[PDB]
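A structure with nirmatrelvir (bound form).
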There are 2 protein chains.
Amino acid sequence: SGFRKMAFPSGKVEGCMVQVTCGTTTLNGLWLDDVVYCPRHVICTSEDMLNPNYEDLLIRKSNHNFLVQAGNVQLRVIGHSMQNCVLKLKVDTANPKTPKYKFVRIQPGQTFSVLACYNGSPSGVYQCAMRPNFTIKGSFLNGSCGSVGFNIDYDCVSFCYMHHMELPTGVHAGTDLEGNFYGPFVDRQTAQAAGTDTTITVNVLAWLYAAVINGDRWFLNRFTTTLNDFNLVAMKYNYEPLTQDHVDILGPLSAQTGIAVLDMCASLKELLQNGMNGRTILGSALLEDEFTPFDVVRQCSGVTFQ
Amino acid sequence: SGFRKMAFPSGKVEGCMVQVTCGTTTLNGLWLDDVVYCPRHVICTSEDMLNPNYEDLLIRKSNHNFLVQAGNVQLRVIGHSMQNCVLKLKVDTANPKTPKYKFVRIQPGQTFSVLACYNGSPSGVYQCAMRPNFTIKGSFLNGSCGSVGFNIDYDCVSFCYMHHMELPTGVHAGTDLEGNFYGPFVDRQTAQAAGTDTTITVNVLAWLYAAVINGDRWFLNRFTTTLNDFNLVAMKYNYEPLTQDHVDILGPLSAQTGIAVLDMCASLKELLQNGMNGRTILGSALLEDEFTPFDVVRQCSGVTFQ
Ligand SMILES: *C(=N)[C@H](C[C@@H]1CCNC1=O)NC(=O)[C@@H]1[C@@H]2[C@H](CN1C(=O)[C@@H](NC(=O)C(F)(F)F)C(C)(C)C)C2(C)C
Ligand SMILES: *C(=N)[C@H](C[C@@H]1CCNC1=O)NC(=O)[C@@H]1[C@@H]2[C@H](CN1C(=O)[C@@H](NC(=O)C(F)(F)F)C(C)(C)C)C2(C)C
C-alpha cells in the first residue's frame, strides 16, 4: 500500500554530469562517450541573451574557450558543433561511466525524472511530466541549465529533456537531446507565452485506478458515460480529450480493478462538477495528472532496474 | 522559481544494495564495508511472522543458510549477529562502492529520501518525513523490506531508516540502522496502533515561507499572534506545539522574506480556521508538512553534493 511521486534511481545519470564554462558563463553538461552536450546559451553573456545571434557568437569561440570539468579533472576539447539549441563538445576521453543510452523525444503527457544540478554537481531528483502545452513544472534556479530529464528501462537510460529556461508563469522550457525545443519556445530573453495548460485526462484516470487499488474508493459512483458525453464535460474544464487509444492504454488497470474506463469517466465527471467536498484521494485535495498509466502499473507491481 | 518534493541523488546508496535470502524468504540488504545489514524477519516463514521468537528461530540458522547476492555474484557469509531488529551478516569482501557514511537516529519531523528496492535492485526514490507518531507515508509492497532511508551532507551518506512493515492505516514502520524501531512498533504480524497523526507545524511554516519566496503570497494577512495564542489554535487542529527553538530554526527564512514568524503564524491560523476557499499554495490544495526549514533553504539556494 501507499502511492507517492517516485523518481528513477539517478546513479547512472550522476556519472554523466560535468561542468561547462565558456568565459564567465558556467552551466551543466552531459558527458556520454566522447561528447559533452550542453545548452548553447553557455556562450552568451547576460547582455547577449536579450537578442542573441548564436551563429555569430559561436564563430568567435574556439575549442580552448570551453572548459569542461568532471569533478576536479579537466577534459580536453578537440571539436565543437552547434545542433539546433545544444552545443556538442567533442572531448579526447570517452566517459568510462557511460551507461547504455538512447535519445528520445517524448510526447505531451509522458513523465520523466530530472536530476537537478548546479556547477556540474547533483542537487536532487524529482519526477515531472511534459505538460500538453510543452512546459514542465519543475524547480530550477540560475545555473540549473544543462540538467537533464530521463527515463530508465531496466539498464538503458533514455534521455528526453535538457533544461534551458523559465517562463513568466513559473513553469520551465527545454529541448530534447538533439537541441529541439519542446513547444514554441526560443532560447532568447524575451516575453514568451506558454498557452493554456490543459489537464492530462488519461493520467488522472490512471491515478483514480491507483486510488482504487489502494483501497481509496469513496469517489466511485453508480453512473457510467460515453466517450463523447465525457469529452463534452472534460473540454469545459480544460481537460484533454479522451480517445480509444487512451482507453486501451488504461486496459491493465481496468482489468485489475474490474472497473470499466467509461464507469471511471462518470466518477471523474462528478468530481469535476461537484469538487471533492473537503475530502482527499491518495492524500491529495486536487486531481493528480502527473502519473501515466505505466507509472501506476510500475509502482503497483514493484518494477526494478539494474 | 518552482517548488517540488525533491529526493537526494541515489547513486551512493544504489552501490550498497544487495539481495538477502534465507530459506524461502528474500529481501533487501545494505552492504557497507564487510557487513550486510537486513531486517531480522528474513529468517521467518509466513507462519513464523504471526508470533516469532527471533532468538530461537535464529539459533537454527548458520552462516551458510544466508545467501547474499550483489548483482550476479555471491558474497561469502563468515559471521552473523542479531542487533535489536536487524541482522548483521559479516562477509569476506568489503564493498568497493562503500561511500563515506554514518548511522543516525532522526527526530520526528525530520525528512529523508528512500530508495525503494525489490530483490536487491532499485525501483525508485522518493522523499519522506518521520511523522510525529513515528510512521512514514511511503509506497512499499511485499519484498520492499530492507530498503533504506538516508540523507546526504556533501559526500557523506547518513543512513537513518530501514523498512520493516506496513500498519493497518496504510502507513509504514521501521528501524534505525542499529535495529531499534522508530515508535512503539514490533516486528510481529499482529494488530498495532500508530496513534494520532499530528501535523509538523514548523514544516508547514517553512513551506509557507517557500511560497512567499516563490511569489505565492495571497494568504498573507494583516494579523500577528503570540506563541501561546497560536498553540491554543494549533492544538485544536492536531498541530504540534511551536516552541522558541522552532522559531529560531525558521530564522533564515524569516530574515530572507522580512516576515516575522509570529506574523506567519497568524496567517497559518486563518488558513486553519477558514480553509483555502478553493485556492492553492505552490500548486497544493492542502497545507504541506513534509518540507523541513533546511529543505526549503537547500532548494531555494541550490545546495549540491559530490
Ligand atoms: C539557466 N541556468 C537559466 C535557468 C533559469 C533561471 C531562473 N530559473 C530557470 O530555469 N536560464 C535562463 O536564464 C534563460 C536563458 C536566457 C533567459 N532565461 C530565462 O529563463 C528567462 N526567461 C525568459 O526570458 C522567458 F520568459 F522567455 F522564458 C528568465 C527571465 C531569466 C527567467 C536564455 C538564453 C533563454
Ligand atoms: C516486508 N517486505 C513486508 C513489507 C510490507 C508488505 C506490504 N507493505 C509493506 O510495507 N513486511 C511485512 O510483511 C511485515 C512483516 C510481518 C508482517 N508485516 C506487515 O507489514 C504486516 N503488518 C502488520 O501486521 C502490522 F499491522 F502490524 F503492521 C502486513 C499485514 C503484512 C502489512 C513482519 C515481520 C512485521
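The sequence lines are lettered as chains in the order written, beginning with A. Following the PDB entry, chain A shows residues 1-306, kept in their order. Just so it is clear, chain B uses the PDB entry numbers, and the residues here are 1-306, in order. No hydrogens, no waters, no symmetry mates; every other heavy atom, side chains included, goes into these values. For ligands, and for the atoms within them, numbers begin at 1 and follow the listed sequence.
Within this structure, nirmatrelvir (bound form) can be identified as ligands 1 and 2.
The largest share of close contacts with nirmatrelvir (bound form, ligand 1) comes from the chain named in UniProt as 3C-like proteinase nsp5.
Other chains within a heavy-atom distance below 4.0 Å of nirmatrelvir (bound form, ligand 1) are, by letter, A.
Site of nirmatrelvir (bound form, ligand 1) with heavy atoms closer than 4.0 Å: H41(A), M49(A), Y54(A), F140(A), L141(A), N142(A), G143(A), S144(A), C145(A), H163(A), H164(A), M165(A), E166(A), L167(A), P168(A), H172(A), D187(A), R188(A), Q189(A), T190(A), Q192(A). Of the residues of chain A touching nirmatrelvir (bound form, ligand 1), most belong to the UniProt domain Peptidase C30. Of the residues UniProt marks as active site in chain A, nearest to nirmatrelvir (bound form, ligand 1) with least heavy-atom distance to 1 Å is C145(A), 2 Å.
The protein non-hydrogen atom at the shortest distance from atom 9 (C) of nirmatrelvir (bound form, ligand 1) is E166(A) CB, 3.6 Å. Scanning the protein for heavy atoms near atom 10 (O) of nirmatrelvir (bound form, ligand 1), the closest one is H163(A) NE2, 2.8 Å. Lab note: covalent bond from nirmatrelvir (bound form, ligand 1) modeled to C145(A) SG. Ranking protein heavy atoms by distance to atom 27 (F) of nirmatrelvir (bound form, ligand 1), first place goes to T190(A) O, 2.8 Å. In this structure, atom 13 (O) of nirmatrelvir (bound form, ligand 1) has no protein heavy-atom contact shorter than 4.0 Å.
The organism that the PDB names for chain A is Severe acute respiratory syndrome coronavirus 2.
Nearest protein neighbour of atom 1 (C) of nirmatrelvir (bound form, ligand 1), counting heavy atoms only, is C145(A) SG, 1.9 Å. Taking atom 24 (O) of nirmatrelvir (bound form, ligand 1) as the reference point, the nearest protein heavy-atom neighbour is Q189(A) CA, 3.4 Å. On a distance-only criterion, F140(A) and nirmatrelvir (bound form, ligand 1) share at least one N/O pair closer than 3.5 Å.
Inside a 4.0 Å radius of atom 34 (C) of nirmatrelvir (bound form, ligand 1) there is at least one protein heavy atom. Of the protein's non-hydrogen atoms, the one nearest atom 16 (C) of nirmatrelvir (bound form, ligand 1) is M49(A) SD, 3.8 Å.
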